[PDB]
**Student:** 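Here you go, one structure.
So that the names make sense, note that chain A is the first sequence line, chain B the second, and so on, each numbered from 1. Method of determination (from the header): X-ray crystallography, 1.8 Å. One-based numbering, in listed order, for ligands and for the atoms of each.
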Number of protein chains: 2
Amino acid sequence: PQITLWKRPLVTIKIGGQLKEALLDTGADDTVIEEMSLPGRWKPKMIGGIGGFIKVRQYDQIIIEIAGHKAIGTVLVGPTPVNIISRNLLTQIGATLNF
Amino acid sequence: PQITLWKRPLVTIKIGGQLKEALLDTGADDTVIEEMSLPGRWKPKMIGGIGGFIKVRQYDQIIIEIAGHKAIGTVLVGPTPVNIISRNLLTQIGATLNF
Ligand SMILES: CC(C)CN(C[C@@H](O)[C@H](Cc1ccccc1)NC(=O)O[C@H]1CO[C@H]2OCC[C@H]21)S(=O)(=O)c1ccc(N)cc1
Ligand SMILES: [Cl-]
Ligand code: NA
């Protein structure tokens, strides 16, 4: 589909068996989701942006369903104010910016 | 242009006759640039990022070229990690997300 940017590009995704609203974010290197449990191993990481850094848990090889497409990637879990779908996952569904 | 997301979607922008590097960011509502001098009066604004809130200077109706595309709108100046071209200006240059 073609998403205009008049409003925040929010989409519904399926991760860890639950539905969540997320923001499609070309300005993000890695996906960040609010606190939730995920299977497998993880390692601590610090990610920063406007306002500073937050500590998150990094899980690799996680399956995320987005717009019918099933993509696999890294997911950071921590105290983020908004769920963000980053380039790490956007590349897998072939998302591109056009103008 | 059609920009893939395997690398950061960085472009060259021109503001105040100066060339700068900026990140095309669909996950941001307003455009934020690192400290620099802009004409006119500014208004206060607080924006919340991944690490919390910060105060910035809001300048309106600023002329800015983005990847060769002319735009005129609001530019926020503050301690951002990188210059970010957000939805307020992406909509002006006719940018959309596609997949
Ligand atoms: C600042 C950029 C270099 C990177 N940011 C992504 C960006 O899209 C965020 C994404 C975002 C969105 C909402 C809340 C927090 C973070 N937007 C943002 O800070 O925008 C602010 C300016 O306009 C406003 O509109 C949204 C809040 C304001 S980030 O949230 O810090 C980030 C950093 C690292 C990772 N892995 C994932 C995300
Ligand atoms: Cl102030
Ligand atoms: Na894993």
**Student:** Quick one: do you know the drug at ligand 1?
**Tutor:** darunavir
**Student:** Would you mind finding the main macromolecule in contact with darunavir (ligand 1) and telling me what it's called in the PDB entry?
**Tutor:** Gag-Pol polyprotein
**Student:** Counting non-hydrogen atoms only, which other chains lie under 4.0 Å from darunavir (ligand 1)?
**Tutor:**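 The other chains in heavy-atom contact are A, B.
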**Student:** Just to check, does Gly51(A) reach to within less than 4.0 Å of darunavir (ligand 1) when the distance is taken from its heavy atoms?
**Tutor:** no
**Student:** Any atom of darunavir (ligand 1) sitting under 4.0 Å from a heavy atom of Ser86(A)?
**Tutor:** no
**Student:** With heavy-atom distances below 4.0 Å as the criterion, list the atoms of darunavir (ligand 1) near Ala28(A).
**Tutor:**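 Going through darunavir (ligand 1) atom by atom, the ones under 4.0 Å from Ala28(A) are 37 (C), 38 (C).
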**Student:** Is the shortest N/O to N/O distance between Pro81(B) and darunavir (ligand 1) below 3.5 Å?
**Tutor:**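 There is no such contact.
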**Student:** Taking distance alone, with no angle check, do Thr31(A) and darunavir (ligand 1) share an N/O pair under 3.5 Å?
**Tutor:** no
**Student:** Which residue from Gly27(A), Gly78(B), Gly27(B) reaches closest to atom 4 (C) of darunavir (ligand 1) through any of its heavy atoms?
**Tutor:**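 The residue whose heavy atom sits nearest atom 4 (C) of darunavir (ligand 1) is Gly27(A).
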**Student:** What about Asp29(A): any of its N or O atoms under 3.5 Å from an N or O on darunavir (ligand 1)?
**Tutor:**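 There is no such contact.
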**Student:** Does darunavir (ligand 1) have an atom under 4.0 Å from some heavy atom of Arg8(A)?
**Tutor:** yes
**Student:** Heavy atoms only: which of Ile50(B), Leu76(A), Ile84(B) lies closest to atom 16 (C) of darunavir (ligand 1)?
**Tutor:** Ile50(B)
**Student:** Which of the atoms in darunavir (ligand 1), numbered in the order shown and given with their element, are less than 4.0 Å from a heavy-atom of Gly49(B)?
**Tutor:** 15 (C), 19 (O)
**Student:** At a 4.0 Å threshold, what atoms of darunavir (ligand 1) neighbour a non-hydrogen atom of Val82(B)?
**Tutor:**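 Those of darunavir (ligand 1) that fall under 4.0 Å from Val82(B) are 3 (C).
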**Student:** Which residues, given by chain and number, make up the 4.0 Å heavy-atom shell around darunavir (ligand 1)?
**Tutor:** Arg8(A), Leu23(A), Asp25(A), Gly27(A), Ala28(A), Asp30(A), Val32(A), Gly48(A), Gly49(A), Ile50(A), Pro81(A), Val82(A), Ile84(A), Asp25(B), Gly27(B), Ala28(B), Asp29(B), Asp30(B), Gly48(B), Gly49(B), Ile50(B), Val82(B), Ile84(B)
